[PDB]
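Entry featuring PMEApp.
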Amino acid sequence: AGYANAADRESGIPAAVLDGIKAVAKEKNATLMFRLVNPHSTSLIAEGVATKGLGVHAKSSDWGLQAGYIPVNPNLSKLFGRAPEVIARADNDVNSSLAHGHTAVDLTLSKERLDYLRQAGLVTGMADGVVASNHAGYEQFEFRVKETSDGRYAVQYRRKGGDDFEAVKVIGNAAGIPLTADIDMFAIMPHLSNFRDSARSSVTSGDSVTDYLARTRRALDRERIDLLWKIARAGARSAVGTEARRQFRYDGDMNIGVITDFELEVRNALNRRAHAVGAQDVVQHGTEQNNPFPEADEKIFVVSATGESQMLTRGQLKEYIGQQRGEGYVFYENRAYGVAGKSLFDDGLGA
Amino acid sequence: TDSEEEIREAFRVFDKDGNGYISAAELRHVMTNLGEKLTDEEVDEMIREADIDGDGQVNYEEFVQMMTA
Ligand SMILES: Nc1ncnc2c1ncn2CCOCP(=O)(O)OP(=O)(O)OP(=O)(O)O
Ligand SMILES: [Ca+2]
Ligand SMILES: [Ca+2]
Ligand SMILES: [Mg+2]
Ligand SMILES: [Mg+2]
Ligand SMILES: [Mg+2]
């Protein structure tokens with residue numbers, strides 16, 4: 001259907017991609033929560049631009065024809081008139097990314113994006129291709145673009161009354177596909193039934209308790225109750241991915257962050273739908289519940305296991321989680337939330 | 001030998017409702033979800049088995065105990 005309400009539209013997630021998200025959330029019976037996607041990224045993501053992993057710390061740009069991309073020249077990124085000591089901190093970030101698979105690439109936009117930019121007010125007309133803008137970033141840099149018999153426009157620029165122009169360089173895939181922001185998941189609340197097989201392969205053998213006992217034992221049952229608690233322990237332990245969160249996971253040569261087995265499934269299932277719709281990988285790492293640098297945005301986009309979407313304040317988020325847990329959906333919180341007095345749990349919270 | 005923060009996350013899976021205790025009803029739900037259909041009597045047996053202090057429910061310390069093996 002695409003977007004079914006305001007939430008979906010304010011999420012910043014391209015509609016086709018979002019369609020897959022809602023379908024996955026239902027297929028794997030799991031509530032999926034995401035942090036907002038910057039609207040300048042929404043269109044790049046849909047025409048198939050690549051999404052960035054944790055191996056990229058350079059900062060995006062929010063202005064000019066380069067908005068949505070990650071500039072090699074930090075003065076072209078959101079960090080425009082900062083300190084010289086920040087263009088440096090920023091200079092290095094970029095450099096740590098090109099030494100590692102990430103490439104330098106000549107920015108070229110598609111027609112459609114050129115439209116989006118102009119209709120967004122980011123780029124105020126141009127000569128017949130010599131852009132204008134009211135961003136202070138235009139009181140120091142000069143921009144222009146030159147189409148190609150390829151339909152795409154090559155972005156170029158120069159320093160104020162300081163002479164030749166040159167293509168703006170943007171960080172791309174190892175494959176040189178430019179990168180825009182990725183879709184950060186806030187958390188994944190898997191329904192507990194998703195861990196039956198997981199508990200059985202750990203305790204019995206794959207077998208139900210009844211089948212396992214008939215098989216290995218012989219014609220109040222202390223044994224049977226113990227084995228029942230054993231799958232209960234193993235079930236929650238898998239659900240919360242206790243063991244998996246002790247290490248980092250890698251996707252090929254890309255550090256995926258800390259992620260449970262089930263969360264990895266979700267990620268793969270999501271990126272699969274993204275590919276089927278023209279996109280490339282959109283979820284590049286684990287959940288915010290495992291982020292050491294916990295960020296505190298205050299609005300969260302939520303897609304329930306039933307397909308229903310909405311936005312939530314931290315407060316509506318506590319009750320939501322509480323309501324959801326009542327229905328058997330498991331949730332664990334970023335370990336540093338408590339010590340800062342921001343836990344979403346209202347329990348003893350301790351031992 | 002999980003850590004204390006590790007065992008509390010797991011504990012929360014069982015403790016569906018607000019309070020820091022596992023009741024028979026919450027345990028029946030976990031068991032059904034994990035592939036085991038049990039009677040009120042079987043559920044009572046599992047809670048009794050873990051209920052050290054005898055209050056009808058499994059608290060955090062009691063959980064910490066047997067989740068050994
Ligand atoms: N599971 C995780 N493990 C490790 N780091 C994580 C994890 N989840 C998130 N992070 C780190 C940063 O979050 C994502 P990322 O998509 O980089 O953010 P960003 O919002 O673009 O940062 P910026 O505005 O500082 O550029
Ligand atoms: Ca409880
Ligand atoms: Ca007790
Ligand atoms: Mg980040
Ligand atoms: Mg990310
Ligand atoms: Mg991501």
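In what follows, every chain begins at residue 1, and chains take the letters A, B, ... in the order their sequences are listed. Header entry for method reads X-ray crystallography, 2.2 Å. Whatever order the structure lists ligands and atoms in, that order sets their numbers, starting from 1.
Including duplicates, the parts belonging to PMEApp are ligand 1. Lab note: most contacts to PMEApp come from the chain the PDB entry lists as CyaA with C-terminal Calmodulin. Other chains with a heavy-atom distance under 4.0 Å to PMEApp are given as A.
Remark: distances from the non-hydrogen atoms of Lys52(A) to PMEApp include one below 4.0 Å.
Residue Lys59(A) touches PMEApp through its side chain alone, judged by heavy-atom distances below 4.0 Å. Under 4.0 Å from PMEApp lie these other ligands or ions: ligand 4 (magnesium ion), ligand 5 (magnesium ion).
The source field of the entry for chain A reads Bordetella pertussis.
The contact set between PMEApp and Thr287(A), taken as ligand atoms under 4.0 Å from a residue heavy atom, comprises 1 (N), 2 (C), 8 (N). The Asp184(A) neighbourhood of PMEApp comprises atoms 13 (O), 14 (C), 15 (P), 16 (O), 18 (O), with distances under 4.0 Å to a heavy atom of that residue. Each of the atoms 3 (N) of PMEApp lies under 4.0 Å from some heavy atom of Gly257(A). Ranking protein heavy atoms by distance to atom 5 (N) of PMEApp, first place goes to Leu54(A) CD1, 3.9 Å. Below 3.5 Å of separation, one finds an N or O of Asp182(A) facing an N or O of PMEApp. Inclusion of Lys78(A) in the set of residues having an N or O under 3.5 Å from an N or O of PMEApp is not warranted. Ligand-side atoms of PMEApp in range of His285(A): 7 (C), 8 (N), 9 (C), 14 (C), 15 (P), 16 (O), range being under 4.0 angstrom from any heavy atom. Within the set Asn291(A), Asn255(A), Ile70(A), the minimum heavy-atom distance to atom 9 (C) of PMEApp is found for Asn291(A). Heavy atoms within 4.0 Å of PMEApp belong to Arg35(A), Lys52(A), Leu54(A), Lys59(A), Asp182(A), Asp184(A), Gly257(A), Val258(A), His285(A), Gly286(A), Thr287(A), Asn290(A), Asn291(A).
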